[PDB]
Novice: 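I'd like to ask you about the structure that follows.
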Amino acid sequence: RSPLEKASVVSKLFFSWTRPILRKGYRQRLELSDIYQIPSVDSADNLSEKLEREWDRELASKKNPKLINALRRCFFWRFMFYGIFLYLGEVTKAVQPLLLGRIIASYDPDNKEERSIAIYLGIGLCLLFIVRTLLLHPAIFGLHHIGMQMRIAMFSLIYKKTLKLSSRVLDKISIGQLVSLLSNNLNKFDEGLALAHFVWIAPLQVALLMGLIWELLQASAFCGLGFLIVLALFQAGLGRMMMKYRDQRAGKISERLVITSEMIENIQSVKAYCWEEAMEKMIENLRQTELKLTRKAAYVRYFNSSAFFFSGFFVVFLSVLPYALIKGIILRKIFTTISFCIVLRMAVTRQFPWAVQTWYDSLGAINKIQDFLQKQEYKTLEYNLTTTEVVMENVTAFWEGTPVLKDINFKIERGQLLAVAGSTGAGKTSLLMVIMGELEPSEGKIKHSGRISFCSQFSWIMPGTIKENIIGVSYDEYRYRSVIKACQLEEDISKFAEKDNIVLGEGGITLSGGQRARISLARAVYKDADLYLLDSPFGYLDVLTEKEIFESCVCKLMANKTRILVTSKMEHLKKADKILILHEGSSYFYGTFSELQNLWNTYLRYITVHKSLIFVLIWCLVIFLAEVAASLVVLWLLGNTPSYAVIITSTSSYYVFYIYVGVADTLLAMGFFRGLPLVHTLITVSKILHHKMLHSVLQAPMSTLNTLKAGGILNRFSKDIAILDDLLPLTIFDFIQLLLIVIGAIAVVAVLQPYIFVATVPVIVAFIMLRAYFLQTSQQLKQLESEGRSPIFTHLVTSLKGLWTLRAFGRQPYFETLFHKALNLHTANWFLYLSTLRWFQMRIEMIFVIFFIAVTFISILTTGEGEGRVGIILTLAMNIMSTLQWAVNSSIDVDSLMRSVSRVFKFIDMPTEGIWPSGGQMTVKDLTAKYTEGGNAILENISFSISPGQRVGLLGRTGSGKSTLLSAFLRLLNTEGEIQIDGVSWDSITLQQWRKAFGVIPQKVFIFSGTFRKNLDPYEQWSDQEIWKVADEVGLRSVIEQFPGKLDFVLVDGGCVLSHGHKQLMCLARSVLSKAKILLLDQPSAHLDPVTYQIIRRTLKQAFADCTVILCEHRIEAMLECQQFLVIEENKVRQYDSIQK
Ligand SMILES: Cc1nn(C)cc1S(=O)(=O)NC(=O)c1ccc(-n2ccc(OCC(C)(C)C(F)(F)F)n2)nc1N1C[C@@H](C)CC1(C)C
Ligand SMILES: Nc1ncnc2c1ncn2[C@@H]1O[C@H](COP(=O)(O)OP(=O)(O)OP(=O)(O)O)[C@@H](O)[C@H]1O
Ligand SMILES: Nc1ncnc2c1ncn2[C@@H]1O[C@H](COP(=O)(O)OP(=O)(O)OP(=O)(O)O)[C@@H](O)[C@H]1O
Ligand SMILES: CC(C)CCC[C@@H](C)[C@H]1CC[C@H]2[C@@H]3CC=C4C[C@@H](O)CC[C@]4(C)[C@H]3CC[C@]12C
Ligand SMILES: [Mg+2]
Ligand SMILES: [Mg+2]
């Protein structure tokens, strides 16, 4: 099936099997209908199985486990098999000046030997071109193919280890680091392997060339060699400098990215707090520090790169001078030694340093992967046969100076229900950890059963269909329909737009809090297990639905299976068989309930965004014309000037033009007065574009941001911005340098002889018409290839949030299969892109060769009795086109990189956003709310009024629009209608003033990784003594003094150290500093303890005594301080009065 394997030998050599896609993609848009199936050789299954079979031996049979050893047991003898052909193709390039140099000398009538035999040289030279064409490109493509296999084999091997990481390893560092570990060699590995052989080929080339140069310059060859040794040492020193600055700034990039992710995820809170300006400055300082090291690395890379161009004269003159002074040198050997040194400079100044740097990076990546592969593993050994009767006795455990649980025991017969209770932080969840084997007890003795179904408190939602999130692997209509219509999903499912096949994102951002709880609960009960562990599923569910689910699912469906339920509700305990209460990590009570009572134009915009890049580009052009003007006059002065060191004859004067073209690269090289300004100015363009994009995202309508993918926002700040910092500044410089040399060399030799320009027209046009044909298909495949990587990273992310559920039930093989399917999709697009690019770069050389054979035979045949003007003109023209072929291939990379610039620009063009509070009486009239444009209408024609200072209760069934109303107050979503506060209409004042009057307290409090004082007020409006004054009422004094630093402690990881109640207090104090008037609470009482619960009770009655509060609760017992009640149901709001109803 795979066209590569079905291809014949002759077609496979020329890459002819890429013909169908090039024609198909030239006249229409491509899709996943003609993307060819991947070859069987590089499927993820075959590569991973082979490599792991060699690696596991290396860590068990040999003394020292090294990944590099196992890698060479799989890919070494195929690596060397392509190295010999790569070497033989380079040797062919070194011996060309012998055949070509004699042909050029054959135009001189003063020669006899070359005239006698030129046809034989022409035939041999033609064969030399054909052999080299068909010897390099297959070898380079082979090395790319092996580099792809290494990348796939290691990524699949990494994922398998990730599924086995111990629980204690995950809690230190993961997810954010793990994804970054895979994004450093996504394309640098395969493409950065074809030049690893030049570490030994280049020394073999220098020895060969130095022997050939010894024939010309008897003993002065070494004088030029010593200059190249110094250049090699000089370039090597820059390598240590580049790596030092690269690895020194690695920690700054991670610091920016992790903070940027926090801002993106909680963007809805950032808008509500009116914190747009503060966050822009916070990132701005981080960019300013990073940019200092970025420029240093770019200056070092400039001097390392600009050594090939600035050595084309100092290596020739230094070796020709001693010989010319001792004895008179003729022009023919001056051109010949120039031709040899062109290859000599490329090998030692451009190929060898690149090869060495690659080995530093290839070995560094393998050692980084090697260390990760040997972390502590999750223990899979567990009891198999126990008759499904879990028992514990004298069990102790630690999460590290205090035991988490001590001497806890129970005994559950099959079909019983155990109710676990306690307080916040008592270890309810940690008790379930030991039962799954996630936390091996230090000195305990516990019995494990078979498959165990775990329902974590954290809601897990994975990409795909709603039913696909429930059924798992096997489907069953009768079972599915019963589970769906037992968890009260009947109504909500057949509501949205598409019944049940709705496609969800990672984490289910578009779903209600309680709807996600039911889906996670429904998945746990669907699958058959020996025992079920329900870790507090009723957190988000209101009382009315809580009873219905408890009576129809927990007590009805699984009435005859052992089940452990964690719950604090008093009524749920009496319906259980045995109860276990944890006081503080220790069993205070154990027993039954009965005994409990007693106890294009993109390029134009990229350049002019700075308005300073214009002047630098003009400066480079003006100097370029000055050097060209000098080159013209000096060649014209030598054109009429009348034995010296240089023996020049009338019949051999044409060598002047050949010599100039051979050294034109040096004469037109950009020095440090032009290169450094250009590199500096291109970098600050990236800084400018980042600022506009970061400014645009924080000031965009929420509806626009919801239409995009989950992780897509961060990907532009992670990949696209990073490309503008490293790849574009140097790739553009290299492209401009090559193009400028070609224009300069072709404009000076053509004015004296107005025929070279004409003879070189066909070559230029052929390279251009081929480029326009290939780019149509190449760009389309690149877009498909780049988009194919997001599903791969999403699978890795979602398989970590639900990792504890995976290992409990034993579904690792299923997720390994899913990960392999994601890789094969990315491999299919990448392989086709790599093959068509090889097709283009092979045909571009084949067009050059066919013109060379045409020129060579004409030049030899046209040469008559003397001279021959056609031979001189044509042969010189083809020497100019050698650089153009290089320049055309360099332009492909620039076009590929400008796709990233276009993606940056479209984010900037997003649309923008659209004592005054006397009493706080708002009036709502005809309010319609919708999350997305044209999706639905959650609330329709809402009308109600609030008395100033009243406490308004808010109730309703989960998934009705309870939280949509609170967001519509801030118009954080597309709304129509009029909401007036004390007579001031919804659109009489700017949006900034409107949002400042609301003290919203979300379910997830936004706390970024920064100083304690910075979180309270990023704008730095209030002094210490004013902050302490506010903390006196909210009870934050003792909370903050626990830490070593007062107002100076550095919170990390979302404030992980702070408990849920402590973050509620911090959010409450934040609204007091800004002096809010209308509060918006949203289900704070999920798992709160009375220690902090009573603090909010006082503050809403002491500081906000006269301020309106919208208490959003799920039970009437807590709502004993409200007068007015709002009830949401069937897209309607209806106000009420005192409890008598
Ligand atoms: C058709 C077709 N369309 N597509 C998309 C693929 C195919 S193809 O693969 O069938 N053929 C071509 O791709 C193809 C094959 C060979 C050549 N050659 C040009 C000089 C040359 O040298 C011959 C010589 C004997 C000297 C030696 F070989 F030694 F160099 N050969 N040119 C080819 N092309 C036809 C156009 C599509 C583009 C272009 C000009 C590059
Ligand atoms: N992964 C972990 N690493 C370190 N300490 C942990 C970890 N998980 C829990 N702990 C600690 O163990 C103790 C008990 O954890 P916790 O989940 O287990 O109890 P809980 O009663 O279930 O809490 P809650 O009802 O609020 O979820 C606490 O001191 C907590 O900080
Ligand atoms: N970001 C969103 N984009 C689109 N639709 C959404 C989004 N968030 C919620 N919805 C939809 O709005 C409806 C109600 O959402 P939800 O916040 O509003 O109800 P709720 O009563 O506040 O939830 P709960 O009581 O469980 O916390 C549901 O149909 C849900 O799918
Ligand atoms: C092993 C690899 C690197 C190839 C071989 C390298 C050495 C042995 C080769 C490369 C070029 C060769 C030289 C090329 C030209 C001449 C001039 C001739 O009048 C005497 C031999 C002499 C001086 C050759 C001696 C051997 C030589 C120096
Ligand atoms: Mg818990
Ligand atoms: Mg809600």
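Numbers in chain A track the PDB entry; the residues on display, in order, are 3-402, 437-507, 509-636, 846-888, 902-1173, 1203-1429. In listed order, ligands and their atoms are each counted from 1.
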Novice: Which drug or candidate compound lies at ligand 1?
Specialist: elexacaftor
Novice: Tell me which chain touches elexacaftor most, using the name in UniProt.
Specialist: Cystic fibrosis transmembrane conductance regulator
Novice: Which UniProt TM segments of chain A, numbered from the N terminus, carry a heavy atom closer than 4.0 Å to elexacaftor?
Specialist: 2, 10, 11
